[PDB]
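Step one of this worksheet: look at the structure below.
Below, chains carry the letters A, B, ... as their sequence lines are ordered, and counting in each starts from 1. No hydrogens, no waters, no symmetry mates; every other heavy atom, side chains included, goes into these values. Both counts, for ligands and for their atoms, begin at 1 and track the order of listing. If you're wondering, the header gives electron microscopy, 2.9 Å.
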Amino acid sequence: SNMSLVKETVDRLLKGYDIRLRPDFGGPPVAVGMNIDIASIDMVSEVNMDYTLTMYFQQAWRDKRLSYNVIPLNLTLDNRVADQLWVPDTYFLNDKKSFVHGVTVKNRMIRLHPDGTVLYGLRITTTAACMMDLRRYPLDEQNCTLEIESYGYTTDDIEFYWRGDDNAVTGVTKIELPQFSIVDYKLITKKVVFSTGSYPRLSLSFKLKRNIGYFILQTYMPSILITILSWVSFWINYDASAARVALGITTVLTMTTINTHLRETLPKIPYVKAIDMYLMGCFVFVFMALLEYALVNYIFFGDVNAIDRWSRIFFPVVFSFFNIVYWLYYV
Amino acid sequence: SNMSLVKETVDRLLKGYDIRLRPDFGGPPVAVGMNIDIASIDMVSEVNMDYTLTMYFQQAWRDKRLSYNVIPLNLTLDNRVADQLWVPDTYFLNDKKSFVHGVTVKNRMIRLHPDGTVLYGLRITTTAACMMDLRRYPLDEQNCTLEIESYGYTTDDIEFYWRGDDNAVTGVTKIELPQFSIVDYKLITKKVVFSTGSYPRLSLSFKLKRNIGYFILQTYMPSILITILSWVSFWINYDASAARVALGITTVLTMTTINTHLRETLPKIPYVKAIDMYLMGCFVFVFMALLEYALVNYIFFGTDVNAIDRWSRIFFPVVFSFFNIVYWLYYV
Amino acid sequence: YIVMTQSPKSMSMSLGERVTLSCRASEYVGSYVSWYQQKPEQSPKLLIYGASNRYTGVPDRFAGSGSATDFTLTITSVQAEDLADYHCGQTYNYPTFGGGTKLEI
Amino acid sequence: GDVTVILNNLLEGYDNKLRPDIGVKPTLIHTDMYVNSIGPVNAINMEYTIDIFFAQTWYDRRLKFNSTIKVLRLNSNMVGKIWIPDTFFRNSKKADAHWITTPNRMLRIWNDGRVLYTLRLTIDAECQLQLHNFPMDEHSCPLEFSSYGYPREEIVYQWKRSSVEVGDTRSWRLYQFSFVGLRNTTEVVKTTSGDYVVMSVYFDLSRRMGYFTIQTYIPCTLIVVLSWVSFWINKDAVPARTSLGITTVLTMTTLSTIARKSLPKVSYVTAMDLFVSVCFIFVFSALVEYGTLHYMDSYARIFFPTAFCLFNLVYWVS
Amino acid sequence: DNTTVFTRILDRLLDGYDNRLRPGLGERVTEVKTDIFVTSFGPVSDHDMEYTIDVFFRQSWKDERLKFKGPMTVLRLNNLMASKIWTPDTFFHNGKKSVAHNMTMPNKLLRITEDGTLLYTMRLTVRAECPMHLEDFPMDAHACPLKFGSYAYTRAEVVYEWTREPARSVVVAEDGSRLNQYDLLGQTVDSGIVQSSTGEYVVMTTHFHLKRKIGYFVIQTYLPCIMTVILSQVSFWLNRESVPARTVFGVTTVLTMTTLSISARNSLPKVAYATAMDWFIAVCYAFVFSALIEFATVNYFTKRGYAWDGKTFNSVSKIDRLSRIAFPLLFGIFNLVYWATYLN
Amino acid sequence: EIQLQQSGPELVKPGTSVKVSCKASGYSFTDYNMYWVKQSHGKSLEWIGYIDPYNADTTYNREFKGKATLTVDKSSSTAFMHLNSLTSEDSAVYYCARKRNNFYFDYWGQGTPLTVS
Amino acid sequence: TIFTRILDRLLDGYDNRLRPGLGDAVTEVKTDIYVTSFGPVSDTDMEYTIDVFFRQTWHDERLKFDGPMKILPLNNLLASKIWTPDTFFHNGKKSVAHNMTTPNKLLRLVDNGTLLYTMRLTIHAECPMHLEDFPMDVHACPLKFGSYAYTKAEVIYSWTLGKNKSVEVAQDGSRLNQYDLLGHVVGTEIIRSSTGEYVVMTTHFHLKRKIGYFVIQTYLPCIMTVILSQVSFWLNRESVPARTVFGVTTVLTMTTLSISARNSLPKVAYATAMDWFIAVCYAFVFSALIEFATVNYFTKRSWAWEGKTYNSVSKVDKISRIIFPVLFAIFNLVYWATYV
Ligand SMILES: CCCCCCCC(=O)OC[C@H](COP(=O)(O)O[C@@H]1[C@H](O)[C@H](O)[C@@H](OP(=O)(O)O)[C@H](OP(=O)(O)O)[C@H]1O)OC(=O)CCCCCCC
Ligand SMILES: CCCCCCCC(=O)OC[C@H](COP(=O)(O)O[C@@H]1[C@H](O)[C@H](O)[C@@H](OP(=O)(O)O)[C@H](OP(=O)(O)O)[C@H]1O)OC(=O)CCCCCCC
Ligand SMILES: CC(=O)[C@H]1CC[C@H]2[C@@H]3CC[C@H]4C[C@H](O)CC[C@]4(C)[C@H]3CC[C@]12C
Ligand SMILES: Cc1ccc(-c2nc3ccc(C)cn3c2CC(=O)N(C)C)cc1
Ligand SMILES: *[C@@H]1O[C@H](CO)[C@@H](O)[C@H](O)[C@H]1NC(C)=O
């Protein structure tokens, strides 16, 4: 009995329904309540300058055409009805390559409520552009934003709001990134003006902080050990040109390897990143460490022990002062 | 008024039009003409053994069912009308991956001429397969092709032919491949026989050549300079063991690393390439230079030794010089 | 073509007991070896289609086990009508039959 | 034909949008799965590829018929002509059904109304792993799946007696691990849209490690042995000891890089990273050892192997 | 109007036709005769443990419903008619991500004979799993299968077979061979059935027999291994006093050998078992490592730092002399054993 | 009830041509190929050729290529084998068979002994 | 419901296949672009990417209505129901029209008949490059488009605002890493082809590579490699192994630098400006090693100075300590002035 009754209801709603016109067409703006539940932030790609996000993006709005009262329950219909209803067109400005998942059937919830309300859930994987300045990298915190926005409807024709001021976005805490750590997230609602009109904008913004623990093991400690490996030259005898020069050259070449091994990881960025300001600082120290012998070779052949001794003490201190000055700037 | 008349004419053609049946079904084969305008042969990647080619592929065929007389102009219709029209099912037999360009709308052309001729253009980007003989590579002349062929219709149902003869394919000269240099293109009409029948075939064949100028900077000169670098040992006195030995093996390793790094770029193929031959040539001299010190030190600990070193000081540059002349004379 | 050879040209065994016929193939034949029975002055009768499967209407005593090249037909219990001349065909390529084993008490 | 008229009767007056017993009772689905192959475990991305024959069955009163025909075997053409329970795999990063030559799906309907809906899938799911005894690690990877839109009061999921028809492990592309076994669970998870019913199928996997020995550990052990050779070498040959010492640290960095390349971008120190780091200390200590001599060797040559051996056993214990 | 006769025929075929019912449902079993013309044997992907193959996949089956009597004995039709009639749901059991080609139009031909027989060919690029055992790698040969059968139809519903003799039903064009490291030998086909909980299904197995060409890994891997093996023993020829020279020789050799070991591994997916190369690389690792220990032994007895000049002087070490001959001989005998073992 | 009935026994002197007809009764004639098998007394079964009745295509054994010619008459559902240049070696028993699968020769003929003098 | 009757009135008896004024008159399509961001430039692949809102204003007399609203902002799906220009990008290698969550297409239908059809696109356009001054290069990448099927006698494209007004860039939107957008240039031409004469709307975006990456990546190691080599001139002559490892290591480094520099580049055969800097640095390390070979030649005692005759500093070496650094300095000055 109920199954037959439900068929009459659903058939009545979809009959004489115009997908072209929005709710209240030629009328007040239709208020669309946005709700998000982030399943996963797959990666933060510095090389491609974007991040990949998978979410249960849910839009809730009111349509009086899809209002029924005969049954005291909320119909949840198969996903394919969405192609027969008016869905608010909605694009992400940051999106570069995004899709709604397909297996086993297209992940797209529809549920018409008795009081005209319609929930429209979508499971979307989004590769959103995140331009991220790198002058403090790796000791950098980058915002990466997702900007929900209606495409064809101005604020005169549609209105976006977060369903819940700060509970509209859920699951952020459970997110895990191998390299980052989400310190904070914020939700903003704006109006962006284009030549065609002023449109409603919702910005979901994550403020992610780099994990220093990763880069200490990979870049800074090798840079230090190579830098310390430079200084052991200063304990070697003055008439050991084959050894100290061999130790100095490989130390200098290694830093070039490490620096080159790093920048290939990163994009062709024209800044001078904080890691570079450390590698360059190490570069000058190891290079000057090589010059310490070259100058000693020039005194003896062209005091020599004293030059070794003062260099032996200054190099640690001036590196420590460089290190303390480095972190204080980047703390 | 006039656009109303065009509507009635175009509606007349499409009503009762059976897309399943070719022009002159159960009759003489339809002769479709093909003219191409190449837009690029970018990404001639020997690693996947294919080249990606963007072209304005066009097909012109007669079709009595689409013949109109009232309109004197030639109706260019929206690209969506091709779905309601019969078009020749032509597949590129060597296409690992192809697509018709999508934005703004599907890039297709449909121009119905009054006589019944139909001009059906596409803008196709196809990663066509092109098996490459890499034995004189990089001084090699590759011959890539594109086999346009009807799939379902044998030569008793469809006929291919380049339209305009050798002028059918255009834009070949304007193409600039960073690594290659297109020297000649030849287009040939044939008929290929399969177990299902004898189908009409068109093979557009570009004969491309490589440029050594890129490869001297990247491949030869570093090897030549390393080869020259190894000979510096011959000007170093035998007593300097660590100096020449360190200079010796470092050159040997550098050749191997350049060899293995170069080979990593190329795919895994059984035959030996010319660059491998040059690398094999360079490796031998660098190896012999290491042996030259090996003999020198062995003899001394085993006046005359200096003479052995002196002749090697001059012959080793000379024998390398002769190798390059016969090498380049051989391959060039 | 593929040459089929039967190891026991003539096997002797009384009624009952186990009798196994062998049939090797010169090259690969897969599972396409068939077995046929031809009593004298009679046409061949199929017994074991495929390497193992038994044709419909054949008594269940007939069993055959096959491999890439080595094939066998075994009768668990021999009966008076069972004695005949058997043939092992191949069909993976153009047909070629075996020499033909014969049974008698 | 008998079959065609039955099918026309079933679909006529049928709604693909309304589930069986909508507004009457929850629709009970029993799911069975045939794990055809566990593809590669891409631990770099924390994802593994799995392909399955995913079977679902539900009693649809609308799709009941009475005739001599007990069941109706049908191709994929009928999948879209009836109500199919939406079932998305929650942890699937990107999943795809098979379509060549035709959609790899099937549909069987019995007289009583029982439907059987089986299709072939390929799923990239999510799986985590912890690196404290890496590579000597063990864990289990799940595969969740539930209705996307139908809450617990609209669709219910159960398992038939045949839990999971695991295939032959030899043909599996799981090279790193060995499929220890499977564990299956059903639960209810709350969400804003409702509280659904989830089906996590835990595949238990255990690592096997011979590849990593000759890639990192044995090469790492060897270069460590090279440093020990410095002590037998005369202290007069200053470049010889230095030429040997610099080689170890340089190679250690390269092995760290390729090991890091084979690893994800994880902040926590890995056991493999721990192994090279200890070797990094040994080679650095060996180089520093000679400097004092140039500025004892017998004691150095014995103590370091003892420390390495203890580290190896602790590595075994860990 | 001449084409109207053929359009009228096609309308009579499809009206009252059900795409869901197989030919002869219940009354008979459906027998599908399949052929393959491998237009190009795509590159075998050892890393993915799969292989690509580009085929014309012919299928033929008798359908009484699609029977006609007209001027043409056989109707050659485009793909558009194929989707409106029943076709086998053939899928490849070991088939990974596969693509049916679509440029320009869908590369499928339908051909209906007046008796009722159909020919339904399609052009495919099927990537199928080819499980591999790499104990003999690189000198290994594989028999990559391509199994295909119906998905929804059991053995009593539809049965497959080969149109020609089974030997002559998988044809490979001579021109098309896209393999680079592998080499195609021949194709062997077999039929069987597969046990499933859903039922018993018929399979059409075909094994493409491949063989690796050792030429690539000779120059790429074995020769650099041999040079490093050779390079190690050169330090025996160098005098014993030259401690930095031989030391730089030996330590360089091990590091180079280590790099080659890693280089070989990435060519192949991870596997618990060690291939033939891994044993060649391992024993090559022994000679290079053994050479260092030989030099280390000489350094033990290298009493005199000063060298010979043309007082005492260092004599050529007995171990050095014997290491001069034994090592190249010991490696040579190994190569004969190794190469004879796997090549034969 | 499938029954392949071949022609009666005959014997002709060398140099003459002989035709034997194989007639199919139960199953549809054109569906399955029809083979021809020769067996000398105390000898193995030898394949002559097969003819697909619908397309009338023929394939012949190399030894019997030219010696034997296969033709079919779909109207009567009869398969014909033609032999020429008869010799002592041609004296044998010629069977007719059908092929229902790639596996087996389902139903065979009654046999047609041939001898020369 | 009133607006539904309007739309149903418009689309009935409407041929979406036919041009506006097909045969009657030529169709003026007014175009405009808003570059939401200028995607990265693929120097290796010789192509850049751009993300644009692509407006297209054309007048259609069939779609004229008299109702309450003057403008009808309609759903993207109605775009397929009406005729639209078949614009394509002549130099577009690959492109996607975004449709997440739904087709990102705007379609407004003004009272008089005007239609504003706008959509979000991402075009991987092809930008031919001439890398002789690499990394001090400058490029002017085009962006051409026009009707695929309709000829210059059928469909004409014209900018709606003006030369520099009809192409705008979002100042926030700049996805270039190493390039720097300088400005945009706008022009209209007519390209001929076998199919016919078309109207093509070329727009050149002027870029400029930034050398900060290449100063860090290539030039500074090259300079330090050369400066490394010079150190051999100051090294003691009797130290034959030390100067030998120095020279061979540096040129070995240059070999890695020379190959690594080309790795970032495509496979052109131009011998770019970086190659010349690499080449001269290659000469300096080579000649620096040759300088040591000559110096070792005339060493006889090979006994190091200690406060039994020793070897004086080679006259070759003293001049090398001065000339070689200075020769590099004047070499550095001339080329840097040359590109600047
Ligand atoms: C792994 C552990 C190591 C095991 C290797 C164990 C082998 C081992 O380490 O001992 C070497 C020993 C002596 O050989 P070796 O030449 O190296 O040492 C000589 C020895 O010390 C003489 O006594 C010295 O003369 P003298 O009296 O002081 O005046 C002579 O110096 P000099 O005076 O002429 O200037 C030294 O050179 O035996 C062998 O002959 C080679 C055996 C075959 C070795 C072949 C094995 C492959
Ligand atoms: C690529 C450039 C290098 C190739 C150019 C090669 C140019 C070239 O061949 O130089 C020859 C000459 C070598 O002089 P050299 O460097 O050897 O310096 C001394 C000279 O040879 C004396 O003759 C030796 O003393 P003696 O009298 O024998 O007893 C003395 O030895 P010792 O007594 O102390 O023990 C030597 O140290 O140097 C120049 O004339 C200045 C050239 C400046 C060259 C600078 C040009 C840039
Ligand atoms: C006397 C003395 O201290 C000697 C010891 C080492 C010498 C430096 C080596 C590297 C050279 C590179 C460039 O060509 C400029 C000159 C340059 C910096 C040299 C200046 C003089 C130095 C410092
Ligand atoms: C729960 C369940 C059980 C079995 C199936 C199934 N249905 C088929 C039909 C055909 C083929 C080839 C394989 N099928 C398989 C998988 C199988 O049983 N294999 C590989 C031995 C699906 C779901
Ligand atoms: C089907 O027919 C049987 C026998 O008449 C009857 O018992 C059963 O109720 C019928 N089921 C229906 C009409 O659903």
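- Bound to ligand 4 with the largest number of contacts is the chain that the PDB entry calls Gamma-aminobutyric acid receptor subunit gamma-2.
- The name recorded for the drug at ligand 4 is zolpidem.
- By its PDB name, the drug at ligand 3 is brexanolone.
- Other chains with a heavy-atom distance under 4.0 Å to zolpidem (ligand 4) are given as D, E.
- The entry's source annotation for chain D reads Mus musculus.
- Name assigned to chain E in the entry: Gamma-aminobutyric acid receptor subunit alpha-1.
- In chain D, numbering the UniProt transmembrane segments from the N terminus, a non-hydrogen atom under 4.0 Å from zolpidem (ligand 4) occurs in none of them.
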